[PDB]
Amino acid sequence: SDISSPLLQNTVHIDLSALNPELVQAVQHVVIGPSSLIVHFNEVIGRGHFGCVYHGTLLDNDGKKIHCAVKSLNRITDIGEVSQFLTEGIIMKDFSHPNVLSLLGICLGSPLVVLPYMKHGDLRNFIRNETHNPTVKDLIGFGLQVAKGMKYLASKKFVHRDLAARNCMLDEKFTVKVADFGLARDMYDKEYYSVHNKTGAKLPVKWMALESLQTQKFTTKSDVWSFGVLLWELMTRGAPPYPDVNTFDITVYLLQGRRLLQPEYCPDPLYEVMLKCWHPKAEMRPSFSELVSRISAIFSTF
Ligand SMILES: Cn1cc2cc(C(F)(F)c3nnc4ccc(-c5cnn(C6CC6)c5)nn34)c(F)cc2n1
């Protein structure tokens, strides 16, 4: 009734006055009460170009304290670009898959992206840790899990656009979740991104398909490309792709027909899968449901 004590569902109207009405109801379904979440600003567990990520404490229908990471959007200053960002990714609320990063809620100067806590961090930093010992079968299992969640996202006609081993997280059961999409989309390691200078688009050149560099029209076939590079990172346990090829001549490398070489510890049937995902004709690349068929057969056998 008042300016000072409005109901929670109305605080979407108040603190997000630049939002679509369609989107007002969308983020009205996913509001988090401030008295139900404590944000630890004492330590940052993640930094992105829109803001930092903090450890949080979400309180549910019972007092149960579920750990979380809470993504801050403080650095995006324009309260109309914020509204655009919520327009891009609120569709995450409809997604539910064991291999996909879910969204717990949006709290409320910018809003707060409340996401499940990932005990083991991102997929790349895990496979690169000296003190970690994943076998060959393990890393293929990781590439199996991302293929499933990708197959789920592909079924929603959803183009993630930035599939890479730095953008998939690991919970405490080592379930891989595709992340870095929607409200979680950001640049969590700036080194690999080119900002286009007409479109503001952010480009992960080492992971983008060849048609994506020529046109900037991302598709479901272009994530298949990014998935085989993801296979490549796993088999090299997180090595940078194309260390002898800087971003500029990357197109010259791929227009010649040259791809990433077979790693020392990648089975030939798995490296053959990589080459099919990098086919110059996008419509002839394997689907994510065909990928899950091939990788499972490779993951079981030796
Ligand atoms: C302990 N924990 C931290 C979390 C961060 C997020 C996140 F930030 F929101 C997020 N969503 N998708 C992604 C994809 C990649 C990264 C990411 C972060 N760091 N890195 C390494 C430097 C490159 C990649 N984060 N991320 C999350 F949802 C849950 C989390 N749990």
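Throughout, residue positions are numbered sequentially from 1 according to the sequence presented. Counting convention: from 1, in listed order, for ligands and their atoms alike. Worth knowing before you read on, the calculation uses all heavy atoms, side chains too, and leaves out hydrogens, waters and symmetry mates.
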Participant: Quick check: what drug is at ligand 1?
Facilitator: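 You're looking at vebreltinib.
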Participant: Please name the chain that forms the largest contact set with vebreltinib (ligand 1), as given in the PDB entry.
Facilitator: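 It sits in most contact with Hepatocyte growth factor receptor.
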Participant: Please work out which of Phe181, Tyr188, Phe50, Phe126 has its closest non-hydrogen atom nearest to atom 17 (C) of vebreltinib (ligand 1).
Facilitator: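 Heavy atom nearest to atom 17 (C) of vebreltinib (ligand 1) belongs to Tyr188.
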Participant: Quick check: what organism does the entry name for chain A?
Facilitator: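 Per the entry, it comes from Homo sapiens.
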Participant: Could a heavy atom of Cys168 be found less than 4.0 Å from some atom of vebreltinib (ligand 1)?
Facilitator: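 Contact absent.
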Participant: Just let me know how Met169 lines up against vebreltinib (ligand 1), side chain, backbone, both or neither, with a heavy-atom cut-off below 4.0 Å.
Facilitator: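 Contact part for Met169 vs vebreltinib (ligand 1): side chain (C-beta onward).
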Participant: For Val53, take its heavy atoms, then give the atoms of vebreltinib (ligand 1) lying under 4.0 Å from any of them.
Facilitator: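 Atoms satisfying the 4.0 Å criterion: 5 (C), 8 (F).
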Participant: Are any of the N/O atoms on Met118, whether in the backbone or the side chain, positioned under 3.5 angstrom from an N/O atom of vebreltinib (ligand 1)?
Facilitator: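 Right, the criterion is met.
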Participant: Counting each atom of vebreltinib (ligand 1) from 1 as listed, which ones have a heavy atom of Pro116 under 4.0 Å away?
Facilitator: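 By the 4.0 Å cutoff, the relevant atoms are 29 (C).
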Participant: Number the atoms of vebreltinib (ligand 1) from 1 as they appear, then name those within less than 4.0 Å of a heavy atom of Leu101, with their elements.
Facilitator: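 Listed by number with element, the hits are 11 (N), 12 (N), 28 (F).
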Participant: Using heavy atoms only, pick out the UniProt active-site residue of chain A nearest to vebreltinib (ligand 1) and give the distance to 1 Å.
Facilitator: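 In chain A, the nearest UniProt active-site residue by heavy atoms is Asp162, 8 Å.
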Participant: Hey, is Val113 touching vebreltinib (ligand 1) through its side chain, its backbone, both or neither, going by heavy atoms under 4.0 Å?
Facilitator: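 Looking at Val113 and vebreltinib (ligand 1), no heavy atom falls under 4.0 Å.
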Participant: Should you measure from each heavy atom of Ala179, which atoms of vebreltinib (ligand 1) turn up under 4.0 Å away?
Facilitator: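 Listed by number with element, the hits are 11 (N), 12 (N), 13 (C), 14 (C).
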Participant: Given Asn167, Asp180, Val178, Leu123, which one has a non-hydrogen atom that is nearest to atom 12 (N) of vebreltinib (ligand 1)?
Facilitator: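 Considering heavy atoms of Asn167, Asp180, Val178, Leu123, the nearest to atom 12 (N) of vebreltinib (ligand 1) sits in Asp180.
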Participant: What is the UniProt domain of chain A where most contacts with vebreltinib (ligand 1) occur?
Facilitator: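 The majority map to UniProt domain Protein kinase.
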Participant: Ignoring angles and geometry beyond distance, decide whether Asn125 reaches within less than 3.5 Å of vebreltinib (ligand 1) through its nitrogen or oxygen atoms.
Facilitator: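 The answer is no, given that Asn125 and vebreltinib (ligand 1) share no N or O pair closer than 3.5 Å.
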Participant: Give the single entry among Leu103, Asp122, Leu170, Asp171 that approaches atom 21 (C) of vebreltinib (ligand 1) most closely by any heavy atom.
Facilitator: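 Among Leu103, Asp122, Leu170, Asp171, the closest heavy atom to atom 21 (C) of vebreltinib (ligand 1) comes from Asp122.
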Participant: How is the binding site of vebreltinib (ligand 1) composed, by chain and residue number, at heavy atoms under 4.0 Å?
Facilitator: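 Using heavy atoms under 4.0 Å, it comprises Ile45, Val53, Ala69, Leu101, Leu115, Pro116, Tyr117, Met118, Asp122, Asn125, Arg166, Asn167, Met169, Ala179, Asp180, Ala184, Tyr188.
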